[PDB]
K.L.:
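One structure follows; several queries about it will come next.
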Amino acid sequence: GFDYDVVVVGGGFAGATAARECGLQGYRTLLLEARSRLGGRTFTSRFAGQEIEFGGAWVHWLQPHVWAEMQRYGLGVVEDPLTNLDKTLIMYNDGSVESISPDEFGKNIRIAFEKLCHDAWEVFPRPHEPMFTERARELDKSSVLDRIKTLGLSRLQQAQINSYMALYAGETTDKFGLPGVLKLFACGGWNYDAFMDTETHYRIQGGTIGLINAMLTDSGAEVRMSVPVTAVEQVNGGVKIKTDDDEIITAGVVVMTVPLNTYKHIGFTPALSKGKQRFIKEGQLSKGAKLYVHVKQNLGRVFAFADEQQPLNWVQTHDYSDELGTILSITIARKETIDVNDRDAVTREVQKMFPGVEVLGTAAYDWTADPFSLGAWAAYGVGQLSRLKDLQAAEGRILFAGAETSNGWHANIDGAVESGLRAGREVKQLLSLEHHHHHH
Amino acid sequence: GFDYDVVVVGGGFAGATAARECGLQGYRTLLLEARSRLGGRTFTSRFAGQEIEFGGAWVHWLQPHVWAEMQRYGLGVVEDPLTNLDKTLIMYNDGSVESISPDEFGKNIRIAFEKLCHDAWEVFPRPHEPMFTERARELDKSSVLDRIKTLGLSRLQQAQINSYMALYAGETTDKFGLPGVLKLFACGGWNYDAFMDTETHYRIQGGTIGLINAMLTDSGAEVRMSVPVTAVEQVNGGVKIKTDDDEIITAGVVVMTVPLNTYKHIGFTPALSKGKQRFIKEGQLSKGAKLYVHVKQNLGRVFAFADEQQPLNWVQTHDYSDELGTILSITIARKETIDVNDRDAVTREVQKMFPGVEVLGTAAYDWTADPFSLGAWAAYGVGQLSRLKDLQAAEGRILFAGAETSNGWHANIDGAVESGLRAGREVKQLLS
Ligand SMILES: Cc1cc2nc3c(=O)[nH]c(=O)nc-3n(C[C@H](O)[C@H](O)[C@H](O)COP(=O)(O)OP(=O)(O)OC[C@H]3O[C@@H](n4cnc5c(N)ncnc54)[C@H](O)[C@@H]3O)c2cc1C
Ligand SMILES: Cc1cc2nc3c(=O)[nH]c(=O)nc-3n(C[C@H](O)[C@H](O)[C@H](O)COP(=O)(O)OP(=O)(O)OC[C@H]3O[C@@H](n4cnc5c(N)ncnc54)[C@H](O)[C@@H]3O)c2cc1C
Ligand SMILES: CN1CCC[C@H]1c1cccnc1
Ligand SMILES: CN1CCC[C@H]1c1cccnc1
């Protein structure tokens, strides 16, 4: 006799996917979102008269779950200008910037990446079962920097691969766990060209908020925003959910999809398992932020890397024309490295990378400052991947989802969608009337 | 008003996927299956005390739709012994058999395959929009053999790649359209290692019938077996479907998922578009069949190619042990080349590739003989891919699905599932 059959906490892709599965099963589904908006770590906004993505933006057909969703809801891709580049730059730790011909830039980053993932085939023959091989659990004691040191690359190759890996870490490469990178590379077909195509090339048509809205509208679930959940208590046959205004909402099952780094805001009765509590105390590495810069000059199609001691770690063209100028999509590995609020400062840094450009605008999202992300994409530290199931395991009638809890594209939208599907399966298992299956 | 909201004709992966989408949308969904079994061109059966797949068998995580379904319904994979091979054989057109070192076999087939798809990246940057580039459009005037001739391969490499392409054609390579092959290679990440990993390595746990049963059970739809559909007639706001016992079932919308080569068995009133009728009259190339052989000796992990003029085109180990022996999974490009019901004849052909094998058993499925498949996997002839839209286009309140109508893995289960998702979306558009 609970208020709802299932309550999904979080309006991200994991929460929307879970709510859609549960909703189309006929359950009474309620979704609670702490922010006043949906999308979670994806954020569709506006800047310089265009639609932009402050968070997750790019998907690919080699990512199975999100692509299946796009086929279901009839969404294709929108291509960003990543081919036929006009300029390619590398900024080293000292701040010097070197312009390289795009062809040799691509060949060097290809060589560096493929040498860093030389054993991806043998370590991860099944990327969606990450602990399948004993050499993978055994390589969870090493960082990305540890391998980079043994690669023996050129100065430019090491700078590029360290910029890539620092960006994916949201931190310096000494803290970044190696198996997660090997596993993501394996997810993209064990081939650098395809994997690179998966990461920053194609956006969702109508925006990520379009797919979120498609799933939640299809679900028929009730969606409540500006309702943060502060505590969850398991009772017999159900759960009691308490919000920051102390209401009580009772449910048969609750699916937790909040980011790992935010679990400290919610109290659980009884306390979670020691493994899950340890994961909550370590959290996840990324400290990233996203910045868009509108410049009056037309720079064409530009791509740039910047090493971990510089702020503009990933630079890419969003749109360009004589009329417009250029809109730059920039991803920052660590928010500490730049005051994205001091716009002389970001202008100085931009002009440090592109000399003499007049800046017309920027807009930036600091995912570290947001109390409901407290970090950016999922980035596993050393030794964390091996304990991943400790995060996935259900605790009573509390299910756990989110990109951090996925087996495949854990740093991506696809991982969130996957965890949402798994959450829907487990919800069906708990609310199942005749045939009850809960293996592992 | 009508008997049902939606009627899905066909109990394959496309039909089961469509029935699942429509069923969980709340429509009253009825699915009609001509055979007494489900699965369509996949068939989970038994042989030599083991589970076997007479049709579609192998899936991969680089195939998005079927992998998403496996994630939803909690199905893992079963690995077949395809790595660390013990023997690799090539049988040329003359019937001579040559044993190659597995490493040299692997990079010879790698070289041939990657030279065959050297432009796959340019031509298909978006494999799920096959006509995105204009060079795909006019590489649709070429056969796969046309390119193989320009590759200038070795004897061995040409034998291997022509055996591969002949099996994927279900026909000789001179009739096989090139862009479909380039597009499938593009779907697997433009890389031969990944693409080969997608095709014959991993089966579904619990079998393909397990996934079909998961989808249809989830759907809540009504399923009728041994009910072939003979005619479809459009009235306003609905469709009239007539079975082979002359009952009439009225529906708001009908989803056709039957194989292309069987469309001659169904009359449409009004008649379909001239493009669709053209596709129905050309059909699709494949003439393949599948054969399992039980031998007393343990050959270990074996893989073998046979060129288009020999019958045992694709050979690989299904299971092996000293007590068991060996169970061989063999795919035959053209059923004409071997009489799979004469156990003695196929014993001779098996013994031609592995000399001195005592054969303990056989089991075979002839997909050409089945009136409800009349062919095997989807295989596009020259120029057919360019008209793919003609097959996909809806005609009134009749929607069309099936692996032949998919944009991606058209020769696979994943293509059928994709077409089922699109069919569900179009049903949602019509009934809202
Ligand atoms: C800048 C950036 C770039 C990235 N780029 C890409 C990319 O290009 N492609 C890609 O695939 N992925 C990308 N990622 C990763 C990605 O977008 C995430 O993996 C994905 O959005 C995770 O979704 P989620 O549902 O698992 O979690 P979230 O999206 O964070 O959802 C959790 C939800 O829970 C809410 N919440 C938190 N606490 C509470 C509480 N106490 N009560 C109620 N609600 C609460 C939050 O508001 C949020 O809505 C990027 C992420 C960022 C931030
Ligand atoms: C030997 C073989 C090997 C292959 N191997 C693989 C593989 O390893 N991996 C892979 O992914 N794919 C493989 N394929 C291809 C594959 O299995 C098909 O792509 C897929 O099953 C297509 O499904 P479908 O729903 O589109 O059509 P079908 O599976 O053929 O379903 C159509 C249904 O319609 C029914 N039907 C026909 N006419 C009528 C009528 N008039 N009235 C009512 N019903 C009718 C049929 O009985 C059938 O059940 C293989 C196929 C075969 C045969
Ligand atoms: C998609 N990627 C996965 C994690 C980070 C994210 C990314 C990569 C490059 C630039 N910005 C964001
Ligand atoms: C799955 N493949 C796709 C089309 C044919 C089919 C196949 C390939 C190799 C051996 N048997 C069947």
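Per chain, numbering begins at 1; letters A, B, ... match sequence-line order. Looks like X-ray crystallography, 2.6 Å, at least that's what the header says. These values consider heavy atoms only, across backbone and side chains, with no hydrogens, waters or symmetry-generated copies. For ligands, and for the atoms within them, numbers begin at 1 and follow the listed sequence.
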K.L.:
How do PDB records name the drug found at ligand 3?
P.N.:
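The drug there is (S)-(-)-nicotine.
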K.L.:
At the binding site of (S)-(-)-nicotine (ligand 3), which chain contributes the most contacts (name from the PDB entry)?
P.N.:
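Most heavy-atom pairs under 4.5 Å are with Amine oxidase.
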K.L.:
Any idea which other chains have a non-hydrogen atom closer than 4.0 Å to (S)-(-)-nicotine (ligand 3)?
P.N.:
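Other chains under 4.0 Å (heavy atoms): A.
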K.L.:
Give, by chain and number, all residues and nucleotides of other chains with a heavy atom within 4.0 Å of (S)-(-)-nicotine (ligand 3).
P.N.:
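The heavy-atom binding site is A/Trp58, A/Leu167, A/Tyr168, A/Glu199, A/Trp314, A/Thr331, A/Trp377, A/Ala411, A/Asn412.
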K.L.:
Write out the (S)-nicotine-binding residues UniProt gives for chain A that lie under 4.0 Å from (S)-(-)-nicotine (ligand 3) by heavy-atom distance.
P.N.:
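Going by heavy atoms, UniProt's (S)-nicotine residues within reach: A/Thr331.
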K.L.:
Any of the residues UniProt assigns to FAD binding in chain A within less than 4.0 Å of (S)-(-)-nicotine (ligand 3)? Only heavy atoms count, please.
P.N.:
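Of the UniProt FAD binders, heavy-atom contact within 4.0 Å holds for A/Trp58, A/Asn412.
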K.L.:
Provide the organism that the deposit lists for chain A.
P.N.:
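It's listed in the entry as Pseudomonas putida (strain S16).
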